[PDB]
Structure formats: structure tokens, C-alpha cells
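Overview of a structure with nirmatrelvir (bound form).
The chains referred to below are lettered A, B, ... by the order of the sequence lines, with proteins before strands, and numbering in each begins at 1. Hydrogens, waters and symmetry mates play no part in the numbers below; they use all other heavy atoms, side chains included. The header says X-ray crystallography, 1.8 Å. Both counts, for ligands and for their atoms, begin at 1 and track the order of listing.
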There are 2 protein chains.
Amino acid sequence: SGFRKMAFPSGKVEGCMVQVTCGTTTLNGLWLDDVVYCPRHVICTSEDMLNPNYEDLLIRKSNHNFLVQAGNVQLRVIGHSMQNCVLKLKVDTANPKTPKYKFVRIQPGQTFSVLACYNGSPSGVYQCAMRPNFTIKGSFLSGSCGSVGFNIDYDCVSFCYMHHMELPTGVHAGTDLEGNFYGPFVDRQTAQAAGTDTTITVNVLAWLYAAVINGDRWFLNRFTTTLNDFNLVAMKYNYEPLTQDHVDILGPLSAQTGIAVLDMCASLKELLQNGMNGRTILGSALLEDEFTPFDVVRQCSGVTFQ
Amino acid sequence: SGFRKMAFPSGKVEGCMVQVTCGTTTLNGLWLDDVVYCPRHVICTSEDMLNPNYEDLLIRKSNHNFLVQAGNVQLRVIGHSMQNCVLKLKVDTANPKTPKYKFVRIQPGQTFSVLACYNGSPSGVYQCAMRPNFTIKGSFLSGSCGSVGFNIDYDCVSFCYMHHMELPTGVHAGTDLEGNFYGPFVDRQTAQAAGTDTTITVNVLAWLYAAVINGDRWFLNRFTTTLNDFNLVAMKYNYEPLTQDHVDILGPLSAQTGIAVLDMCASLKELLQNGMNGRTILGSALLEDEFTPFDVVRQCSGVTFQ
Ligand SMILES: *C(=N)[C@H](C[C@@H]1CCNC1=O)NC(=O)[C@@H]1[C@@H]2[C@H](CN1C(=O)[C@@H](NC(=O)C(F)(F)F)C(C)(C)C)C2(C)C
Ligand SMILES: *C(=N)[C@H](C[C@@H]1CCNC1=O)NC(=O)[C@@H]1[C@@H]2[C@H](CN1C(=O)[C@@H](NC(=O)C(F)(F)F)C(C)(C)C)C2(C)C
């Protein structure tokens with residue numbers, strides 16, 4: 001029983017983390033085989049921050065301008081190249097702690113664990129979701145850049161996020177491990193704002209199923225709804241549109257509970273109208289949207305309380 | 001900026017988790033030096049757990065009766081003994097991945113990270129608080145027993161919890177690593193209930209300081225109170241007494257924010273009496289009590305461990 005915002009065990013990612021210094025700028029690197037991946041803005045100065053020409057900044061760099069440190073051991077850079085918004089540093093040593101890995105670009109609503117690091121050293125691990133507006137609600141301070149988001153499937157670490165910047169609203173923006181930003185953001189200190197955020201409807205429905213699996217049913221009602229009527233109401237509370245794809249993905253959780261997806265949709269529709277009335281669901285007074293259908297099936301029972 | 005429920009990096013513990021099998025029962029073990037620590041009820045059959053005599057059950061067991069599996073290698077047991085509610089299995093090999101560590105017994109309201117494991121394999125990591133009623137609000141299915149709770153002190157892991165059982169309210173009970181239960185519980189399949197819990201007042205105030213640091217301020221007030229008037233209100237809402245210790249411990253947060261402890265106690269008093277008036281604090285509609293003063297200072301000032 002119980003339900004937690006559970007993170008993946010971080011050990012496979014800790015083993016990859018390095019410190020990268022260019023001039024006075026220090027941030028975190030990801031060391032996989034004989035390549036260190038980091039945010040390209042490690043090569044920026046204070047004057048460069050607004051309108052950096054990265055190609056012009058990089059061309060003035062030698063390999064020995066990059067100081068890469070794995071623990072107290074200095075790695076030796078034998079090559080550098082830029083791919084979109086990531087710097088790729090070729091080093092003379094393959095990381096002996098390299099896990100089975102792959103680079104995946106995730107879609108809004110997808111979750112992952114973040115290993116917040118400073119000076120290539122881990123500070124903590126927490127669970128995040130890619131917001132519909134392509135931000136994450138992270139916990140990042142100075143020196144956290146190059147921190148990475150990941151999932152783990154058996155022994156394989158799928159890297160999906162590298163941290164670049166904080167937006168005015170206190171929310172975070174970053175790239176996949178191929179250096180392409182999520183959302184319309186750019187690695188410049190020019191004025192940028194996150195678009196108005198929405199609630200991840202497919203995830204709230206999953207979390208309500210988790211509540212039923214763990215034996216809570218108070219929020220259920222005797223109603224159903226059409227997919228369209230649900231979306232017309234849901235959009236009025238700043239909820240993501242629920243697609244047929246989302247309904248298909250909730251199929252397994254429907255079967256385990258015996259509650260049709262659109263029956264669960266009628267329950268959510270009621271909760272948005274009524275609030276909580278001093279009650280909680282899985283120890284929350286808000287509808288939680290940072291658990292995916294996969295997260296629920298992973299953490300929850302094959303059986304239900306019932 | 002940003003504030004997240006953050007676990008310690010789990011890598012140092014991932015390297016210590018093994019699978020322990022006795023007859024048909026399988027659960028998780030902690031492999032440190034040449035000793036494997038696990039719940040003593042691994043020697044029990046499903047029907048022995050009714051009224052187990054662990055003294056009697058163990059004296060009938062031999063070393064080869066304990067199948068201990070680290071990854072793909074079977075370890076050989078050269079001795080077995082009980083300490084309170086934990087079984088200690090002497091093995092042929094000192095764990096080469098053994099971190100610097102100690103066994104620590106924690107107080108209610110103190111937090112730790114739990115590495116959830118199944119068949120000696122880490123599944124997930126989350127942050128917990130020792131409840132005042134000596135339970136944890138964990139997330140545990142069948143086979144999670146022997147999963148451990150820990151804190152990291154620079155490079156030293158302090159082991160504080162071993163998972164033993166789930167109460168009918170869906171909360172969790174276990175021991176320190178010396179096999180002494182937290183709370184009035186016994187490792188028997190007999191009727192047992194969690195005592196009425198209470199809120200950890202020092203943690204809520206600490207969390208309000210984190211909210212202030214991260215720019216959420218609407219709940220502050222011009223009033224002050226005395227400790228004694230606050231505790232009169234606190235106990236009315238089943239909040240823990242706030243001692244002078246607590247006020248001294250929130251010292252480093254009070255000066256750094258410029259908000260006096262008893263002024264923040266005045267803000268808390270108002271939140272309990274009035275509720276939150278449709279508003280949230282760090283994206284929560286409840287008062288969070290699972291962040292310690294130390295936790296807030298540590299996340300908000302960055303950090304590293306080795
Ligand atoms: C990496 N070490 C930091 C991480 C930041 C610092 C505070 N919290 C974080 O997540 N990243 C940066 O310093 C990036 C970096 C220059 C400035 N920057 C920012 O995050 C800034 N924000 C923006 O420029 C904005 F608004 F456009 F997003 C800052 C004002 C410092 C928060 C570059 C090259 C984008
Ligand atoms: C260890 N692998 C499990 C973990 C449990 C299983 C369900 N969720 C968990 O957290 N521990 C147990 O199976 C322990 C074990 C016998 C019974 N038990 C329980 O957790 C049971 N509860 C109680 O005995 C109670 F209520 F008294 F606390 C159960 C009914 C299976 C939930 C022993 C020896 C205590």
C-alpha cells in the first residue's frame with residue numbers, strides 16, 4: 001500500500017557525472033563512454049550572455065581550454081564539437097561506470113527523475129514531469145546546469161533532459177541529450193516567459209485510478225460522459241485536452257478497477273466542480289498530475305483493495 | 001529557485017542490496033563488509049508468522065538454508081545470528097562496494113530516504129519522515145521487506161530503517177539496523193494498528209521558511225505570539241508541542257529570511273484557525289511536515305555528497 005512521488009535509483013547516473021570548467025564558468029557534465037556532454041553556455045562570459053555567437057566563441061577554444069574533472073582525476077579532452085545547444089567533449093578515457101543507455105526525447109506529460117548536481121557532485125534526486133508548456137518544476141540553483149533527467153528500464157538509463165536555465169516564474173528549461181530545447185526557449189539571457197501552464201489530464205485520471213486501486217472510491221459518481229463533453233468542461237479549468245490515445249493508455253487501469261475511462265472522466269468532471277470538501281486523495285488536497293499511467297501500474301498493486 | 005521533495009543519491013546503497021531466500025520466503029538484504037542484515041521473519045513460513053518462536057525456528061536452520069544472491073553471484077553463508085528483529089548472515093566475501101557507514105537510530109519528525117527494493121534489486125527512491133506514531137507513510141508491495149532507510153553525511157551513509165511490515169491503515173513499520181522496532185510493534189501476523197498520528201510542527205514552520213525563501217509570502221502576518229499561546233493552539237489541531245530546541249534549530253532559517261520564529265508561529269496559528277482561503281503554498285493545499293529545518297537549508301543552499 002501507499003503512494004509516493006518515487007524517483008529512479010540514481011546510482012547509474014551518479015557514475016557518469018563530471019565537472020566541466022571553461023574560463024571562470026563551471027557546470028556539470030555527463031560522461032558516457034569517451035564523450036562528455038554539457039550545456040554549450042559553459043563557453044560564455046558575462047558580456048556574451050545576451051546574444052552569444054556560439055560558433056565564434058567555440059572557434060577560439062582549444063581542447064586544453066576545457067578542464068574536465070571526474071572526482072579528483074582530471075580527464076584529458078582530445079576533441080570538442082557542438083551539436084545544437086550541447087557541447088560534446090571527446091576525452092581520452094572511456095568511463096568504466098558507463099551504464100547501458102539511450103537518448104530519448106520525451107513528450108509533455110512524460111515523467112522522469114532529476115539528479116541535481118553541483119561541481120559534478122550529486123545533491124539529491126527527485127521526480128519531475130514535462131509540463132504541457134515544455135518546462136519542468138525543478139529545484140535548481142547556480143552551478144546546476146548540465147544536471148540530467150532520466151528514466152531506467154531494467155538496466156538501461158534513458159536520458160531525456162539536460163538543465164540549461166531558470167525562467168522568471170521560477171520554472172526550468174533544458175534540452176534533450178542531442179541539444180534541442182523543449183519548447184520555444186533559447187540559451188540566451190534575453191527576456192523569455194513560459195506560456196500559461198495546463199494540468200496533465202491523462203495523469204490526473206491515472207492518479208484517481210491509483211486511489212481506487214489503494215481502496216478509495218468516495219469521489220466516484222453514477223455518471224458517464226462523452227469524450228467531447230469532458231473536454232469542453234476540462235478546458236474551462238485549464239486542463240489538457242484528453243485524446244483517444246490517452247483513453248487507450250488508461251485501458252489497463254480501467255480493466256484492473258472495473259471503472260470505464262469515461263466513467264472516471266465523469267468523476268474528475270465532478271471533482272473540478274465540487275473541490276475536495278475537506279477530504280484528500282492519496283494524502284493530497286489537490287489533483288496530482290505528475291504520475292503517468294505507467295508510473296501508477298509500476299508503483300501500484302496488480303490486485304486492488306476493493 | 002524551486003522546492004522539491006528530494007531524496008539522497010541512492011548509488012552508495014544500490015551497491016549494498018542483495019536477495020535473501022529462506023525456504024519459500026524471499027526478501028531484500030543489506031550486504032556490508034562480510035555480513036548480510038535482513039528481517040528475521042525470512043526464516044518464517046506463511047503459517048509460522050501467526051505466533052513465531054524465532055529462537056526455535058533459527059536453531060533448526062543451517063547456513064546452506066540461506067540462499068543469498070548479489071546480482072548473479074551466490075554468496076556462501078559461514079555463520080548466522082539474530083540481533084533483536086534482524087538476522088545477521090556471515091558471508092565469505094566482504095562487499096567491495098561497501099561505503100563508509102554507521103547504524104543510526106532516528107527520532108520521530110526526522111527524515112530519511114528509502115531505497116524500495118524487490119528480489120534484492122532497487123526499484124525506486126523516495127524521501128520519508130518518521131511519524132510521531134513511529135510509522136512511515138511509505139510505498140511498499142509484497143517482497144519489499146529488508147528495504148532500508150538512510151541519510152548521507154558528506155560521504156558517510158547513516159542507516160536508520162529496515163522495512164518489516166504494513167499496517168491495516170496502509171502505513172509502514174520497521175526497525176533500526178540493530179533490529180529494534182520503531183513504535184509499539186512486533187514482527188508477527190497479529191492484529192496491530194497505528195496510533196493516532198500528529199503533525200510535526202517544527203517541520204511545517206521550516207517548510208514555511210522554504211516557501212518564503214522561494215518567494216511565496218501571502219500567509220505572513222504582522223502579529224507575534226509567545227511559545228505557550230502557540231502550543232495551546234497547536235495541541236487543539238493535534239500538532240506536536242514546539243520546544244525551545246525547535247525555535248533554536250529554526251535560528252539559521254529565521255535570520256536568513258529576517259522572519260522571527262514566533263512571528264512564523266503566528267502565521268501558522270492563522271493557517272490552522274482560518275485554513276488557506278483557496279490558496280496554495282509551494283503548490284500544496286496542505287501544510288507539509290516531511291521537510292526538516294536541515295532539509296530546507298540543504299536543498300536551498302545547494303550541496304554535494306561523494
Ligand atoms: C546553470 N548553471 C544555471 C542554472 C540557473 C541559475 C538559477 N537557477 C537555474 O536553474 N543557468 C544559467 O545561469 C542560465 C544561463 C544564462 C542565464 N541563465 C538563466 O537561467 C537566467 N534566466 C534567463 O536567462 C531566462 F530568463 F531567459 F530564462 C537566470 C536569470 C540566471 C535565472 C544562460 C546562458 C541562459
Ligand atoms: C515484506 N516483504 C512485507 C511487506 C508488506 C507486504 C504488503 N505491504 C508491505 O509493506 N511484510 C510482510 O509481509 C509482513 C510480515 C508478516 C505480515 N506482514 C504484513 O505486513 C501484514 N501486516 C501485519 O501483520 C500487521 F497488520 F499486523 F501489521 C500484512 C497483512 C501482509 C499487510 C510479518 C511477519 C509481520
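- In this structure, the ligands or chains belonging to nirmatrelvir (bound form) are ligands 1 and 2.
- By contact count, the main macromolecule holding nirmatrelvir (bound form, ligand 2) here is known in UniProt as 3C-like proteinase nsp5.
- Those other chains that come under 4.0 Å from nirmatrelvir (bound form, ligand 2), heavy atoms only, are B.
- One option in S147(B), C145(B), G143(B), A173(B) has a heavy atom closer to atom 3 (C) of nirmatrelvir (bound form, ligand 2) than any other, and that option is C145(B).
- Using a non-hydrogen distance threshold of 4.0 Å, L167(B) registers as a contact of nirmatrelvir (bound form, ligand 2).
- The closest approach between nirmatrelvir (bound form, ligand 2) and any UniProt active-site residue of chain B, by heavy atoms to 1 Å, is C145(B), 2 Å.
- Most of what chain B uses to contact nirmatrelvir (bound form, ligand 2) comes from UniProt domain Peptidase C30.
- Counting heavy atoms closer than 4.0 Å to nirmatrelvir (bound form, ligand 2), residue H41(B) contributes side-chain atoms (C-beta onward) but none from N, CA, C or O.
- Nearest non-hydrogen protein atom to atom 27 (F) of nirmatrelvir (bound form, ligand 2) is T190(B) O, 2.8 Å.
- The deposited structure shows a covalent link between nirmatrelvir (bound form, ligand 2) and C145(B) SG.
- Each of the following atoms of nirmatrelvir (bound form, ligand 2) lies closer than 4.0 Å to a heavy atom of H172(B): 10 (O).
- Taking all heavy atoms of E166(B), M49(B), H163(B), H164(B) into account, the minimum distance to atom 12 (C) of nirmatrelvir (bound form, ligand 2) is reached by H164(B).
- In this structure, the protein non-hydrogen atom closest to atom 17 (C) of nirmatrelvir (bound form, ligand 2) is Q189(B) OE1, 3.5 Å.
- The shortest N or O to N or O distance between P168(B) and nirmatrelvir (bound form, ligand 2) is not under 3.5 Å.
- Taking a distance limit of 4.0 Å, we find that atom 31 (C) of nirmatrelvir (bound form, ligand 2) is approached by no protein heavy atom.
- Atoms of nirmatrelvir (bound form, ligand 2) lying under 4.0 Å from any heavy atom of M165(B), numbered from 1 in the order shown and given with element: 11 (N), 14 (C), 18 (N), 19 (C), 20 (O), 28 (F), 35 (C).
- The contact residues of nirmatrelvir (bound form, ligand 2), taking heavy atoms under 4.0 Å, are given as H41(B), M49(B), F140(B), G143(B), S144(B), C145(B), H163(B), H164(B), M165(B), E166(B), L167(B), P168(B), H172(B), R188(B), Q189(B), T190(B), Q192(B).
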